[PDB]
*Asks:* 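Below you will find the structure I want to go over with you.
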Amino acid sequence: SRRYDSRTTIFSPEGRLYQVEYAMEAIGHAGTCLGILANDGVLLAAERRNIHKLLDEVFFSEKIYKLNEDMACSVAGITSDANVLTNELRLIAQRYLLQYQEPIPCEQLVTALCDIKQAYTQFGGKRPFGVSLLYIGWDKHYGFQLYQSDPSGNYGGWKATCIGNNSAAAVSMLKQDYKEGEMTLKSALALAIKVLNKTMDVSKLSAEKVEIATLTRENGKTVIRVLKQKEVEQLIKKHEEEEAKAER
Amino acid sequence: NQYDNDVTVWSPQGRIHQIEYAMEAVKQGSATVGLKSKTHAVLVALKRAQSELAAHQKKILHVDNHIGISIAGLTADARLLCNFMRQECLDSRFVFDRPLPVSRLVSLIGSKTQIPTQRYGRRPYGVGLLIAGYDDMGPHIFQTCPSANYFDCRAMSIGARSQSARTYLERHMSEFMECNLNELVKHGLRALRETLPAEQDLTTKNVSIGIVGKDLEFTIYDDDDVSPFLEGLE
Amino acid sequence: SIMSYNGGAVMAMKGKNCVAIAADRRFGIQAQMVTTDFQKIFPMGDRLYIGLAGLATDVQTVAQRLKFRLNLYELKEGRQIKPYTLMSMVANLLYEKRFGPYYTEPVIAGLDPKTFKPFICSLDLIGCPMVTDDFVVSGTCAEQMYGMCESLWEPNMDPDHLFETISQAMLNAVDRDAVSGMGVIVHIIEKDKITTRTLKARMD
Amino acid sequence: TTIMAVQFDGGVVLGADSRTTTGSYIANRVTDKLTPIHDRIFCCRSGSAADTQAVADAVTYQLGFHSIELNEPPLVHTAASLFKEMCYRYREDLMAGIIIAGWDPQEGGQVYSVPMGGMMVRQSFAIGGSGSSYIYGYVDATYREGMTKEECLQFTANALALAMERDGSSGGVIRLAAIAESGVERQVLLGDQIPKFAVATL
Amino acid sequence: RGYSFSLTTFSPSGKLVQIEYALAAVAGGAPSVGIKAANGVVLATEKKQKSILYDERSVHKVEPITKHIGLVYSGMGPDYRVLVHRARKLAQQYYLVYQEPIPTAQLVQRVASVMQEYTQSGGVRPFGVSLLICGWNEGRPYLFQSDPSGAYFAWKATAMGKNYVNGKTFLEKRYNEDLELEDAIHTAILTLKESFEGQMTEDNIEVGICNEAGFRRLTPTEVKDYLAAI
Amino acid sequence: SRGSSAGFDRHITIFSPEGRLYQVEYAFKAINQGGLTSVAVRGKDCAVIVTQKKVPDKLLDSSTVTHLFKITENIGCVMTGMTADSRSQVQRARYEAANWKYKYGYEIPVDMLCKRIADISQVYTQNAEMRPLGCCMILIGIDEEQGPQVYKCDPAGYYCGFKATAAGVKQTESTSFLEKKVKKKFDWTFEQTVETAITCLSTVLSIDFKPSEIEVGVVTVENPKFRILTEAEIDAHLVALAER
Amino acid sequence: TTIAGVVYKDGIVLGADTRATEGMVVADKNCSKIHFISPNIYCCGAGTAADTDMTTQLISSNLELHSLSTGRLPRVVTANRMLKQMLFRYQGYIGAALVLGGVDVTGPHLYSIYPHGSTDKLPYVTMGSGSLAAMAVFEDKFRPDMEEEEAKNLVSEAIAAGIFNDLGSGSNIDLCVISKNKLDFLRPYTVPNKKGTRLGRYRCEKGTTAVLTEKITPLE
Amino acid sequence: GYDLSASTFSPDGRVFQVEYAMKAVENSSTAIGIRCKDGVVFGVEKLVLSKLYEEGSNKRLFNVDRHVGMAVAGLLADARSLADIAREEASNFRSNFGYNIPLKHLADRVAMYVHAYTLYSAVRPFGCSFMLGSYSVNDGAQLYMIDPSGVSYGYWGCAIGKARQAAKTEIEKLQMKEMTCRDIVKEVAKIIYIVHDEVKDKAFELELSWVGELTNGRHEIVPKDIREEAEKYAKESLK
Ligand SMILES: *[B]([O])([O])[C]([C][C]([C])[C])[N]C(=O)[C][N]C(=O)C1=[C]C(Cl)=[C][C]=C1Cl
Ligand SMILES: *[B]([O])([O])[C]([C][C]([C])[C])[N]C(=O)[C][N]C(=O)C1=[C]C(Cl)=[C][C]=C1Cl
Ligand SMILES: [Cl-]
Ligand SMILES: [Cl-]
Ligand SMILES: [Cl-]
Ligand SMILES: [Cl-]
Ligand SMILES: [Cl-]
Ligand SMILES: [Cl-]
Ligand SMILES: [Cl-]
Ligand SMILES: [Cl-]
Ligand SMILES: [Cl-]
Ligand SMILES: [Cl-]
Ligand SMILES: [Cl-]
Ligand SMILES: [Cl-]
Ligand SMILES: [Cl-]
Ligand SMILES: [Cl-]
Ligand SMILES: [Cl-]
Ligand SMILES: [Cl-]
Ligand SMILES: [Cl-]
Ligand SMILES: [Cl-]
Ligand SMILES: [Cl-]
Ligand SMILES: [K+]
Ligand SMILES: [K+]
Ligand SMILES: [Mg+2]
Ligand SMILES: [Mg+2]
Ligand SMILES: [Mg+2]
């Protein structure tokens with residue numbers, strides 16, 4: 001029925017896809033989520049929105065998802081949509097392992113999901129998924145990698161990036177502080193906290209309010225770990241001591 | 001207005017504007033005439049020519065040995081319906097080894113053409129047909145419409161300025177039953193001629209004739225083959 | 001017989017706080033040995049292994065498709081799969097093919113990922129599970145294996161004694177079977193380590 | 001199996017033996033082969049136990065629904081036609097030899113045979129199953145037009161007893177039912193209540 | 001055939017308004033409460049029950065999913081009945097495959113996923129319900145909420161429906177980690193009294209509990225007893 | 001809020017800004033278009049349905065004008081609201097019951113039948129392409145353990161069992177009448193069940209009936225088969241009431 | 001297999017042996033053949049083991065969905081209909097031969113169910129390759145309205161008759177007793193067979209087995 | 001607006017698309033049925049829109065089974081499609097159950113098919129009302145009428161189309177319970193002549209059919225000579 005169809009998969013007069021753009025507005029309001037590539041690893045750091053006192057803390061993270069043995073992601077946008085996409089990511093990665101008996105290379109996983117997102121903009125008459133994703137991974141072709149995808153089904157690779165609230169401000173801080181070829185997991189961790197400290201300007205930054213995951217290689221094996229709160233408090237402490245030095 | 005775009009939307013006066021609009025396609029077609037006697041059924045059609053160098057559109061179509069049609073409205077819809085009629089006739093010969101009775105064929109058309117008038121996104125057929133046939137019940141002239149209704153006729157005309165042709169046919173219809181073939185065709189031609197601007201005449205380029213009856217399979221006459229019928233409109 | 005086309009034998013066996021699983025190493029086609037290092041035992045966890053005997057192509061397919069399911073299960077759930085739950089997962093996979101089955105009859109051996117209690121079982125080709133407290137056997141020399149296991153196995157054996165018993169059960173059983181052998185591999189599973197050995201074995 | 005039904009003025013009598021066999025093992029020695037399909041309509045079942053139970057359950061369903069929709073008792077002819085439709089349609093996958101009998105207010109007592117293959121014919125009396133072979137002659141000689149209900153019961157019990165004596169696949173108890181406007185009356189003949197005919201000693 | 005286009009879409013400010021409006025149906029529902037004690041979970045709800053004419057026992061808001069899992073809701077009752085049925089079926093499908101009762105979180109994830117579908121799939125509106133789901137597995141109690149978007153959250157205690165914002169602040173100033181189940185049942189009922197209007201009987205509230213023995217509804221006579229102190 | 005509207009929320013079953021479903025609300029109004037009221041009451045021994053029987057036209061065969069339907073031999077029903085919608089819901093209940101019996105081997109309990117019908121109605125409130133049915137079903141039957149039962153379900157897909165209930169134009173007034181009467185009764189339970197139903201109906205309409213102006217159907221613990229009273233049977237009740 | 005059931009005064013007694021065979025080899029000595037259907041209904045299984053397992057699990061599950069919905073304890077007739085309609089649909093290719101017994105609102109009921117989908121409702125039934133041995137015990141000794149202990153004695157004797165006279169049956173006797181008031185799942189009920197004890201010792205000391213290769217992998 | 005789709009209720013609980021379809025019926029010329037002691041008689045005022053049409057063109061009286069007649073008013077192509085539905089339901093009933101479909105059941109089945117077209121945006125309601133009549137020794141005479149909403153009731157007398165009320169008021173004057181079909185045909189013809197507006201619509205054919213003891217329970221056209229006598233009685237009665 002033509003009267004009720006809101007026509008989610010058509011062009012506007014300037015060649016735009018409004019549902020896609022409107023979905024990108026939803027993402028820009030979600031929790032800030034950054035990714036940083038180093039020489040010995042990659043990390044994801046995300047603002048937690050689940051912070052009410054009475055929440056129970058039952059899973060290992062809020063927005064960090066393991067995808068397969070060598071990859072993880074984080075998300076900004078509609079949570080339920082993110083649950084659908086991450087489930088589909090895990091399936092794709094296992095279909096590839098089944099078929100080739102080696103892990104899916106990172107960019108091929110990202111591309112495979114992005115083709116699904118693209119299809120939702122072109123046919124079917126459905127709303128797109130209100131999700132942007134950061135992917136971290138290791139594979140044997142390109143080593144440590146960091147990708148970003150959005151509701152248009154576009155993606156790109158990054159050395160550092162940010163999605164969600166105050167992204168623009170976070171990317172400027174990264175542009176300035178990030179050292180191409182010269183970062184370590186320890187200095188990327190420091191930069192991540194520095195960035196979140198300026199972009200959560202509502203308000204004073206706390207371990208309860210962030211989640212950090214790191215991805216490294218130890219003895220021919222990928223290790224993916226969500227940092228315990230003790231470790232996050234220590235990084236925040238160190239960042240605050242560092243600002244004590246800042247003048248003299 | 002809000003009631004005129006969808007064949008599924010009844011208006012508040014209990015009409016369906018899409019069906020009425022589809023009937024306009026038939027009123028703007030070129031005229032055709034159908035009439036019958038005790039022994040023959042005749043179709044006469046005016047063929048409209050797009051330019052002086054164009055042939056003149058086919059208006060009369062063969063359905064089966066005992067059935068032909070004349071068309072007014074969307075040609076592509078005419079062909080779709082004609083193909084359905086052909087297939088129903090072939091089926092009845094295949095299964096029963098005898099010609100499909102003309103009135104049963106026309107019931108089939110009614111039932112087929114009704115369906116899209118009741119389903120969203122579908123449209124009526126934009127074509128009206130005059131149907132000439134002969135069977136155990138004698139000769140027949142039937143008329144079909146985009147509304148899916150159909151009519152059993154002594155004679156009929158549809159298309160542009162067809163009202164003149166109907167008036168002529170009412171005026172002389174008490175004569176039709178007892179006419180020989182020649183008389184009957186002439187009556188068809190004179191009715192058709194009433195539809196024309198005063199200047200213009202029936203010619204071998206613009207007239208087409210179809211005849212079926214007791215001794216005669218459905219046959220179409222065009223071009224030089226209509227000259228005998230046009231001579232001695234005297 | 002379809003199950004003797006490739007030949008092969010697996011067994012598992014329970015001790016005190018430990019389990020053992022063993023397999024011959026022959027990949028052959030009827031009479032012809034093709035290779036002598038063919039894998040029939042596959043890790044489904046740090047302390048949980050599945051051994052498959054039967055048609056070599058289905059050994060491989062069932063191991064792979066099982067792994068696909070298990071990986072999805074572990075990512076979705078918080079956690080490492082329990083031994084009993086793996087059995088069920090495998091039962092379900094096999095019975096889905098009830099009317100055109102995979103020709104493989106697996107054994108599972110493991111320790112519970114939280115309690116470390118010993119677990120062993122076997123299943124038939126359509127997924128009927130059998131849990132035991134001693135041993136299980138599958139392959140073309142099942143009768144030979146039963147004879148050795150029934151005579152040698154004892155309750156509450158330590159890792160060293162379990163190793164000796166499973167080894168002797170396997171070696172002597174396969175030595176009466178034309179299409180099993182060409183080497184035996186044995187895994188002992190303990191809380192704190194896995195020990196993997198190939199045995200000195202007849203190669204005819 | 002041996003099954004039988006007989007029309008009388010105002011109703012029907014139905015009977016069956018009670019033996020279910022797999023090979024020559026008796027899996028049930030007291031089977032109830034007379035199954036109610038509606039308040040005054042029964043079927044007697046022979047052939048495959050599984051097939052006849054499944055078909056009877058399905059027809060009970062169809063007839064019950066039909067009867068609620070019409071708000072009237074079903075015709076015996078309608079029950080029979082439903083059996084026939086299913087037994088004819090699936091004749092290649094079913095082994096079912098059925099007798100449908102009952103009472104309705106329009107046509108009274110009626111007996112229909114639906115033998116294997118799915119034809120349907122009304123009869124004054126019907127016999128079926130493996131044991132029926134042994135009683136064609138008996139029933140052809142003994143049947144009389146205008147029998148009472150009680151005579152029909154006796155005639156049916158005698159016929160079934162004779163069949164049961166000779167057919168390895170029939171035996172056990174005789175189950176009888178009488179159906180009329182006033183309702184259904186069921187009984188069992190067992191042991192010494194089964195009519196007896198001496199074996200012929202020299 | 002069915003409308004194949006989404007009835008929930010993005011507004012220019014990035015909102016899925018149909019989900020927002022579903023949340024407004026929830027907020028206008030009858031109040032519901034969940035409190036995770038140290039040794040169990042309690043779910044309690046008010047019956048929006050006019051009339052003495054109602055047979056209070058004929059339909060239940062607090063429902064078993066499995067031996068070990070139960071549900072209550074706030075918002076549209078008939079929508080809830082759809083989700084109870086699907087949750088039960090999801091729980092059985094799990095059991096047939098794994099031969100272990102479904103962990104509470106896995107059940108929530110699967111139900112939440114059904115709710116997400118109804119925000120995107122063609123020709124349908126979202127569910128106008130939020131669920132509170134309790135269970136016991138791996139030696140421990142769980143309380144979850146699942147909202148019309150398909151988002152789900154693990155709570156120590158919460159309230160939903162009419163006056164939920166105040167209910168939550170009442171629980172904040174009253175829940176503690178070491179609290180027992182018998183105490184928790186009380187505080188759940190007190191939380192309902194905060195927004196009641198009507199005088200509470202055992203016939204116009206429903207209470208369910210989850211512990212190591214399993215999930216069950218408290219009987220009228222058991223509720224009556226907890227109400228004597230309140 | 002307070003009667004707000006956006007987009008197509010008055011045309012299809014999508015949420016309004018307050019979270020309402022206008023199209024479902026309008027289906028309740030459609031129940032009243034027929035101008036009729038029904039009442040049902042359950043006691044310890046029976047359950048009863050009473051409804052108005054309006055035959056305005058003399059040319060109608062009044063034996064075909066009814067709102068009482070047999071669903072199974074043991075379940076009866078009264079329908080209120082749009083007539084063809086009601087017939088359709090009656091057929092579907094007949095189908096559900098018969099199918100339950102075939103699959104499960106015992107008669108469908110009245111509560112499960114009412115629930116199933118309600119769950120079917122729910123789909124119409126969540127799927128945009130069809131309207132809700134503008135009718136309300138009241139079912140009566142005997143449960144072996146709980147005694148006589150009265151269940152009602154509505155176009156929102158809500159359902160409930162009752163001591164007594166009503167439907168149609170004077171539903172509220174009937175509800176108040178019945179509430180006032182049970183409060184007075186011991187163990188809050190109706191005892192004179194046919195009388196209460198007819199009296200309730202007669203009060204809220206202000207009519208005082210002839211036996212041809214109402215229909216009455218019953219199920220009892222001693223006689224669980226659903227029964228429609230004849231005129232003469234109904235008249236005996238009207239006369240017993242008239243004299244006290 | 002030998003499986004059997006009896007209706008007694010106050011309920012049902014079900015019985016079974018515990019042998020499973022693969023060919024003419026014992027594969028399981030302690031197979032559990034008495035399956036949960038619902039808290040008041042159990043089902044013995046004979047025939048193809050995967051099929052008895054899967055069929056009873058599926059029906060138990062669909063019945064749990066049914067009772068959750070009705071709020072009532074299920075009926076034996078219901079389990080019977082569901083099992084038979086499924087087995088009929090599969091035309092005998094699901095090789096489940098079942099003894100279904102329970103106690104419901106209408107009292108105790110016992111059915112035998114065959115792979116092609118026929119069922120018989122009877123006060124005593126037997127299935128499996130030992131079914132004739134067990135049936136002979138029943139024909140010889142069954143009485144109506146037995147007491148609980150008499151009925152348990154009789155079902156164990158009938159299972160024993162299969163265990164000892166049928167090569168397809170062996171090992172232990174399991175019972176299940178179901179009344180209005182009680183469910184006793186007696187596994188094992190009796191252990192009439194036992195492995196003899198080992199006269200020699202084959203405790204092979206470390207190094208007896210020659211080893212080609214070893215790898216220790218430490219875990220957490 | 002609230003009146004575009006049969007899947008949309010108006011705010012007062014009406015389905016305007018069904019009501020508009022009913023208006024199509026109410027614009028059509030009048031058809032009547034009368035049940036009497038020994039059957040059912042149908043009459044239709046069949047307006048002749050052109051003298052070029054054959055006598056009998058556009059019948060509004062159909063045989064839907066050998067024992068069942070149908071009389072229609074409204075959009076004729078919709079009515080014919082309904083006649084075909086009724087025919088198929090009767091046929092399929094005989095094939096499945098093995099006897100002639102009872103009238104009431106046929107009426108209820110086709111009513112439910114009509115009703116199915118009043119729920120959805122995907123289809124439009126039928127623009128027709130129709131009567132079904134039969135007779136058998138077992139069931140007596142039965143006359144049902146079905147409207148575009150799918151409501152179905154039984155009647156002693158019934159009229160549909162634009163002079164419906166004028167027709168009904170004349171039908172009420174007859175003691176039809178005590179009359180035979182032969183007497184009733186004359187009265188049907190009479191009533192059609194009464195309600196026909198000869199000023200506004202110039203020409204009509206009377207169409208008559210019946211089913212009753214006199215046709216042995218077969219629905220049949222009234223024979224030509226009986227119809228002519230009935231017309232003549234009606235015309236002189238108009239005097
Ligand atoms: B009778 O035709 O001999 C009798 C009638 C049935 C309807 C009771 N038939 C049989 O006994 C034929 N037997 C079976 O169908 C059967 C029974 C059992 Cl227990 C198992 C397998 C089979 Cl195929
Ligand atoms: B009994 O019917 O003899 C018994 C019942 C089961 C439930 C234990 N049946 C058997 O022992 C027959 N064997 C199996 O179904 C079987 C077959 C296969 Cl292919 C593999 C293993 C087993 Cl255990
Ligand atoms: Cl992986
Ligand atoms: Cl991988
Ligand atoms: Cl044209
Ligand atoms: Cl054209
Ligand atoms: Cl027209
Ligand atoms: Cl025209
Ligand atoms: Cl797979
Ligand atoms: Cl049987
Ligand atoms: Cl036969
Ligand atoms: Cl036969
Ligand atoms: Cl016998
Ligand atoms: Cl669409
Ligand atoms: Cl449910
Ligand atoms: Cl469970
Ligand atoms: Cl409970
Ligand atoms: Cl049934
Ligand atoms: Cl009272
Ligand atoms: Cl049954
Ligand atoms: Cl009208
Ligand atoms: K015999
Ligand atoms: K809707
Ligand atoms: Mg060897
Ligand atoms: Mg060799
Ligand atoms: Mg078969």
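A note on names: the letters A, B, ... follow the listed sequences, proteins ahead of strands, and every chain is numbered from 1. Portion of entry displayed, and contacts counted within that portion, nowhere else. Values below: all heavy atoms of this structure, side chains included; hydrogens, waters and symmetry mates excluded. Order of listing sets the numbers, starting from 1, for every ligand and every atom in it.
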*Asks:* Look at ligand 1 and name the drug there.
*Replies:* ixazomib (bound form)
*Asks:* Quick check: main partner chain of ixazomib (bound form, ligand 1), as named in UniProt?
*Replies:*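 The largest share of contacts goes to Proteasome subunit beta type-6.
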*Asks:* Which neighbouring chains have any non-hydrogen atom closer than 4.0 Å to ixazomib (bound form, ligand 1)?
*Replies:* D, G
*Asks:* For ixazomib (bound form, ligand 1), which residues in other chains have any heavy atom nearer than 4.0 Å?
*Replies:* D:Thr1, D:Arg19, D:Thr20, D:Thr21, D:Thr22, D:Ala27, D:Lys33, D:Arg45, D:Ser46, D:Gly47, D:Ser48, D:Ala49, D:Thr52, D:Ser169, G:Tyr114
*Asks:* List the closest protein heavy-atom neighbour of atom 15 (O) of ixazomib (bound form, ligand 1): residue, atom name, distance to the nearest 0.1 Å.
*Replies:* D:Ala49 N, 3.0 Å
*Asks:* Does ixazomib (bound form, ligand 1) come near enough to D:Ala27 that some N or O of the ligand is less than 3.5 Å from an N or O of the residue?
*Replies:*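 D:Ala27 vs ixazomib (bound form, ligand 1): no N/O contact under 3.5 Å.
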*Asks:* Under 4.0 Å from atom 23 (Cl) of ixazomib (bound form, ligand 1), is there any protein heavy atom?
*Replies:* no
*Asks:* Among all protein heavy atoms in this structure, tell me which lies nearest to atom 21 (C) of ixazomib (bound form, ligand 1), with the distance rounded to 0.1 Å.
*Replies:*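 So the nearest neighbour among protein heavy atoms is D:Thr22 CG2, 3.9 Å.
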*Asks:* What residue and atom, counting heavy atoms only, is the protein's closest point to atom 8 (C) of ixazomib (bound form, ligand 1), and at what distance?
*Replies:* D:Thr20 OG1, 3.6 Å
*Asks:* Retrieve the molecule name assigned to chain G in the deposit.
*Replies:*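 Per the PDB entry: Proteasome subunit beta type-7.
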*Asks:* Which of the other ligands and ions shown lie less than 4.0 Å away from ixazomib (bound form, ligand 1)?
*Replies:*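 Below the cut-off I see ligand 10 (chloride ion).
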*Asks:* Looking at ixazomib (bound form, ligand 1), does any of its N/O atoms fall within less than 3.5 Å of an N/O of D:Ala50?
*Replies:*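 In this structure, D:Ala50 places no N or O atom under 3.5 Å from an N or O of ixazomib (bound form, ligand 1).
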*Asks:* Using a strict cut-off of 4.0 Å, indicate which atoms of ixazomib (bound form, ligand 1) neighbour a heavy atom of G:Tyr114.
*Replies:*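 Near G:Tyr114, meaning under 4.0 Å from one of its heavy atoms, ixazomib (bound form, ligand 1) has 19 (Cl), 20 (C).
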*Asks:* What covalent attachment, as residue and atom, does the entry give for ixazomib (bound form, ligand 1)?
*Replies:*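 The covalent anchor is D:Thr1 OG1.
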*Asks:* Short list, please: which atoms of ixazomib (bound form, ligand 1) are under 4.0 Å from a heavy atom of D:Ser46?
*Replies:*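 Those qualifying, in numeric order: 2 (O).
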*Asks:* Taking only heavy atoms of D:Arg45, which atoms of ixazomib (bound form, ligand 1) are found under 4.0 Å from at least one of them?
*Replies:* 7 (C)
*Asks:* Write out the residue and atom name of the closest protein heavy atom to atom 7 (C) of ixazomib (bound form, ligand 1), then the distance separating them to 0.1 Å.
*Replies:* D:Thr52 OG1, 3.4 Å
*Asks:* Does ixazomib (bound form, ligand 1) come near enough to D:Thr21 that some N or O of the ligand is less than 3.5 Å from an N or O of the residue?
*Replies:*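 Between D:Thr21 and ixazomib (bound form, ligand 1) (N or O atoms, distance only) the closest approach is under 3.5 Å.
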*Asks:* Report the nearest protein non-hydrogen atom to atom 10 (C) of ixazomib (bound form, ligand 1): residue, atom name, distance rounded to 0.1 Å.
*Replies:* D:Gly47 O, 3.6 Å
*Asks:* Geometry only, no angles: is D:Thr1 polar-contacting ixazomib (bound form, ligand 1) at N/O separations under 3.5 Å?
*Replies:*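 Such a contact does occur with ixazomib (bound form, ligand 1).
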*Asks:* Please identify which atoms of ixazomib (bound form, ligand 1) are closer than 4.0 Å to at least one heavy atom of D:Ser169.
*Replies:* 3 (O)
